Amino acid sequence: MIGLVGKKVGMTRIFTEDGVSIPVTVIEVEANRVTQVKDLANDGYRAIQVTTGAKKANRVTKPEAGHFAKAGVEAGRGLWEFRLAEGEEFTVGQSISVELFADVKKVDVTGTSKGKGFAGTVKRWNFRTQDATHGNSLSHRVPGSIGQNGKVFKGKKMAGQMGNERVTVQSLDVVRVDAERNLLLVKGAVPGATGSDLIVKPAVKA
Amino acid sequence: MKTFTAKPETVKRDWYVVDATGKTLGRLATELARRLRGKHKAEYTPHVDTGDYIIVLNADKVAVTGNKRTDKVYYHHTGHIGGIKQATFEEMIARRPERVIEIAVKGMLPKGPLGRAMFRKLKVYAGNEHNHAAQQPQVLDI
Amino acid sequence: XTXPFXX
RNA sequence: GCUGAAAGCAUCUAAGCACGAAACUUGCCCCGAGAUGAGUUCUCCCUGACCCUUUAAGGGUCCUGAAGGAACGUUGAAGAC
RNA sequence: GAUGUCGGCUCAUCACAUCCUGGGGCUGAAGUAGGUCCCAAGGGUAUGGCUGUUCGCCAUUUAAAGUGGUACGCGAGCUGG
RNA sequence: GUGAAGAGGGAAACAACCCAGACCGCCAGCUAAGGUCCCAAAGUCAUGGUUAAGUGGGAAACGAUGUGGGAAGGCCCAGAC
RNA sequence: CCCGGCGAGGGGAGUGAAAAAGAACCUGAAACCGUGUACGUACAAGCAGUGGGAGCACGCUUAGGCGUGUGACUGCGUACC
Ligand SMILES: C=CC[C@@H]1/C=C/C(=O)NC/C=C/C(C)=C/[C@@H](O)C[C@@H](F)Cc2nc(co2)C(=O)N2CCC[C@@H]2C(=O)O[C@@H]1C(C)C
């Protein structure tokens with residue numbers, strides 16, 4: 001079904017009763033609110049529009065003010081969309097909590113990766129470094145050949161921006177769901193740095 | 001005096017509607033290009049668009065001979081090393097039947113800013129409905 | 001002259 | 001392979017019909033409306049006075065200057081610029 | 001009135017006459033394990049000792065350690081035995 | 001014989017092949033090779049046949065109840081195959 | 001006389017037939033670099049032209065529909081020695 005939007009608060013260690021340490025990626029999934037409910041008669045696909053968080057009064061734009069005021073829902077920090085699986089129904093102004101993930105046992109998180117900036121072939125494509133001595137001339141961490149005896153094929157692995165892109169990790173085990181704190185304990189690591197917004201949706205890969 | 005030459009600023013262009021169901025691919029599109037190019041008009045001019053807009057319906061019901069419905073391949077490239085992807089006549093109708101006529105015309109028309117402008121006067125629809133009646137279209141038994 | 005350019 | 005004639009029988013085939021692999025099309029992930037065929041939904045803002053003129057998708061003046069954007073600044077787990 | 005040559009390093013890429021994995025037919029296929037032929041190029045496809053070597057032999061592995069084209073791929077990318 | 005020293009039209013493009021020998025000019029026409037659905041000027045032209053493989057539009061020995069046509073022959077209301 | 005750093009370099013005045021002669025000085029070409037105006041130009045592929053040719057601008061024109069410049073689109077077209 002649908003997912004939710006939260007914040008990467010960080011990572012901590014969870015000790016069970018048998019003395020095992022389960023890595024977790026805590027997420028502050030604030031109470032979400034629906035903004036739009038779209039159908040096929042107008043748009044052409046069953047989905048919803050959800051926001052979260054808050055924003056300053058004298059900083060948000062007027063166009064969005066009416067977009068949020070239309071549904072009588074306080075402004076958020078962004079907007080996202082979730083497709084419905086032919087069996088989901090919602091209404092504007094409806095608030096969604098973290099309990100939605102109570103009986104799922106697995107999710108696929110999504111978020112933006114960290115920013116490495118301009119990266120090299122080694123940092124980026126795990127290229128094999130050349131000889132550091134024994135003759136090498138200014139060609140230690142260089143790629144080498146990029147073709148044959150007359151064009152560089154498209155998709156050629158080269159240096160460039162590394163990170164700051166959409167990334168989706170799949171099949172992450174859930175550990176705990178504390179609605180009192182609006183938290184979600186996801187096992188393992190997830191993209192993005194502390195404070196970045198990320199999506200959490202049930203796992204399709206089982 | 002200098003031979004007549006048409007001017008696109010004051011030349012007439014009419015609208016027509018067609019149903020290709022049961023029609024053969026080449027023997028049909030051959031007449032399309034002939035019309036979007038203007039070779040059926042007395043004011044024909046190679047460097048001008050003296051054609052007539054056309055709206056063909058039921059593109060998913062064309063007719064073909066032999067096993068072309070299965071053997072006819074539609075190759076194309078993406079600009080990569082693998083690149084080449086093939087699709088049989090059936091795989092196109094089920095996924096995108098409009099491109100069949102859109103492609104047959106592309107090979108019958110001139111290659112240039114003009115031949116591409118003729119295409120723009122071509123409108124295809126897989127079904128029998130359309131929202132172009134406001135243009136007062138006409139019938140064509142081709 | 002000496003081998004490859006210009007050893 | 002079933003059925004089954006041509007060819008009284010037989011036959012997986014010619015008409016029809018059912019199985020069939022990490023290939024191909026899908027489904028998983030990312031880019032993605034410069035898709036010039038340039039798409040779709042919601043919301044927000046502007047409701048002046050005239051002149052002249054090849055009298056038109058015309059030009060110019062006075063008043064008006066929103067929504068929003070940009071610039072500037074403090075900066076970033078963003079970044080060569 | 002100049003197209004710089006083996007091999008190594010690096011980065012690869014396509015073909016299929018398939019090394020492995022996958023799907024099958026006959027088998028002098030009991031089984032296990034093989035042989036032969038067909039379909040299949042999706043991905044994957046050793047490290048070291050001697051030698052400048054490719055190759056090759058040897059040791060030990062691996063499901064397998066494929067055959068070839070690309071100026072016997074690649075020196076305005078390195079090396080220079 | 002052409003090219004070299006020869007343009008032009010055709011063969012998709014292609015000095016040597018096919019047609020044909022450019023004094024200059026015209027928005028005149030008839031022809032050659034070669035062609036006449038579209039890109040692309042001209043027959044979706046007429047008659048009677050063949051092919052089902054896109055053969056046409058790359059290829060041998062050799063194999064094959066493919067298929068049309070042609071002349072016989074053997075056995076057939078003593079019942080044949 | 002004025003700007004300017006009691007500058008360089010300029011602007012007026014003035015001399016002179018000439019200052020469009022400022023001594024970087026008769027005449028003052030081209031390559032090359034610029035300002036202004038008209039037209040074209042951000043879905044369009046290749047010796048950048050040629051033939052045809054829309055539209056725009058200006059000058060004619062006793063509106064005569066011509067000429068000048070621009071050249072969307074279109075056929076053919078791979079520099080010279
Ligand atoms: C004592 C010096 C050895 C001597 C070199 C002579 C010489 O004059 N070399 C200069 C290189 C010229 C080049 C690289 C010219 C390129 O524009 C074309 C070449 F690539 C073509 C090509 N060359 C080769 C094969 O094919 C070829 O054999 N050589 C090229 C590198 C040297 C080698 C050669 O000629 O060596 C001689 C040996 C044999 C006595």
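By convention in this document, chain letters (A, B, ...) are assigned in the order of the sequence lines, proteins followed by strands, and residues within each chain are numbered from 1. Unusual residues are spelled as their parent or as X, and atoms beyond the parent do not add to contacts. Readers should note that the entry appears only in part, and the reported contacts come from within that part.
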A.B. asks: Name which of MEDI0382, SNX-111, virginiamycin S1, IRL-1620 is found at chain C.
C.D. replies: virginiamycin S1
A.B. asks: What label does the PDB record give chain C?
C.D. replies: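 The entry lists it as virginiamycin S1.
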